[PDB]
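Structure, as structure tokens:
The first sequence line is chain A, the next is chain B, and the lettering continues from there. All chain A residue numbers match the PDB entry; in order, they span 5-84, 95-151. Since chain B takes its numbers from the PDB entry, the residues it shows come out as 4-83, 96-151. Hydrogens, waters and symmetry mates are skipped; everything else that's a heavy atom, side chains included, is used. One-based numbering, in listed order, for ligands and for the atoms of each.
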Amino acid sequence: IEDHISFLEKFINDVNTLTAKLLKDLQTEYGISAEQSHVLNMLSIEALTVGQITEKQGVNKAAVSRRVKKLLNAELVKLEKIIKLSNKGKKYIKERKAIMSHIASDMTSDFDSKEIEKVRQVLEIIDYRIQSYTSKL
Amino acid sequence: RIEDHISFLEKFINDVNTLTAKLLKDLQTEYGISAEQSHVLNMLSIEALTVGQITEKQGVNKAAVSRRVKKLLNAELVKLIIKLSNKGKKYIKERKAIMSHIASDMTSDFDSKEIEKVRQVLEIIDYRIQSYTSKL
Ligand SMILES: NC[C@H]1O[C@H](O[C@H]2[C@H](O)[C@@H](O[C@H]3O[C@H](CO)[C@@H](O)[C@H](N)[C@H]3O)[C@H](N)C[C@@H]2N)[C@H](O)[C@@H](O)[C@@H]1O
Ligand SMILES: NC[C@H]1O[C@H](O[C@H]2[C@H](O)[C@@H](O[C@H]3O[C@H](CO)[C@@H](O)[C@H](N)[C@H]3O)[C@H](N)C[C@@H]2N)[C@H](O)[C@@H](O)[C@@H]1O
């Protein structure tokens, strides 16, 4: 009802808590911060400019800028103008997907591919609508 | 196969985060709080906890959290322990009103069976997540 909204909130919070911990090392190894890690993953889908990363994130442009030219300085991200990723930035993503899919696999090894398929169809349809509403304001 | 489901879940979450971010700017601006401050009010909307555990859930490191707490204490949004105020209840309510109306108007053409099956699959995955997290 609005039980689903609370569940989702709690589900997303839980996924972030797990992700943080599993990614603590890789991040330390890269000089990277959590939020920077995110930008690097947020940027895993499309090249973005500071404002877009700020809008799609809620935080004050100031903070988003500090962590953005730290990634350029680290050659983890790059200009063109927009912001794409660099090999060291990619290698990070690979190492990230790897830690993620190894545990994701675990807790889902006894799942039924068909049931998961339909579930996703629904989520993809809600994702589509979420993005759509987000375009206006 | 799963590498894909991971990307989507992640995109799905990125989009949910984006969306709540836009739908709540005006409101946080209104109650004069930052987004991080908002999130802090939402965990305490559920239950109240001290600083020690408040950062353990988050992930944002050293004292950064206690700084949000005292920031929120100053607006009379959070009472000391540290829980939630009467002023805080209003925000969440207003927050929930927005989140729900939109979430409903976005799920309203689906078949109850359909949604439930989604919940049941996300619940089980959340059950394994925590259980894995717990095993520190
Ligand atoms: N605080 C808010 C302000 O931050 C930055 O100002 C400066 C940062 O503070 C510096 O980073 C410092 O603080 C970081 C943690 O935040 C540390 O990791 C780092 N070692 C420190 O050198 C960075 N090198 C230059 C940057 N111009 C942003 O530009 C500005 O938009 C924002 O308003
Ligand atoms: N409880 C489950 C919910 O968790 C967040 O709810 C809160 C957000 O997290 C806040 O986000 C900002 O404040 C966080 C504080 O820690 C920062 O970490 C984060 N990087 C910031 O952008 C936002 N401003 C308010 C929102 N009520 C998610 O957004 C939401 O999708 C999910 O349903």
**OP:** List the drug name recorded for ligand 1.
**Re:** kanamycin
Original post:
For kanamycin (ligand 1) in this structure, which bound macromolecule has the most atom pairs within 4.5 Å, going by the PDB entry?
Top reply: Transcriptional regulator TcaR
**OP:** Provide the letters of the other chains having heavy-atom distances to kanamycin (ligand 1) under 4.0 Å.
**Re:** A
Original post:
Does the entry model a covalent attachment of kanamycin (ligand 1) to a chain, and at what residue and atom?
Top reply: none
Original post:
What residues, by chain and number, sit within 4.0 Å of kanamycin (ligand 1) when only non-hydrogen atoms are counted?
Top reply: A:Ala66, A:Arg70, A:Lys74
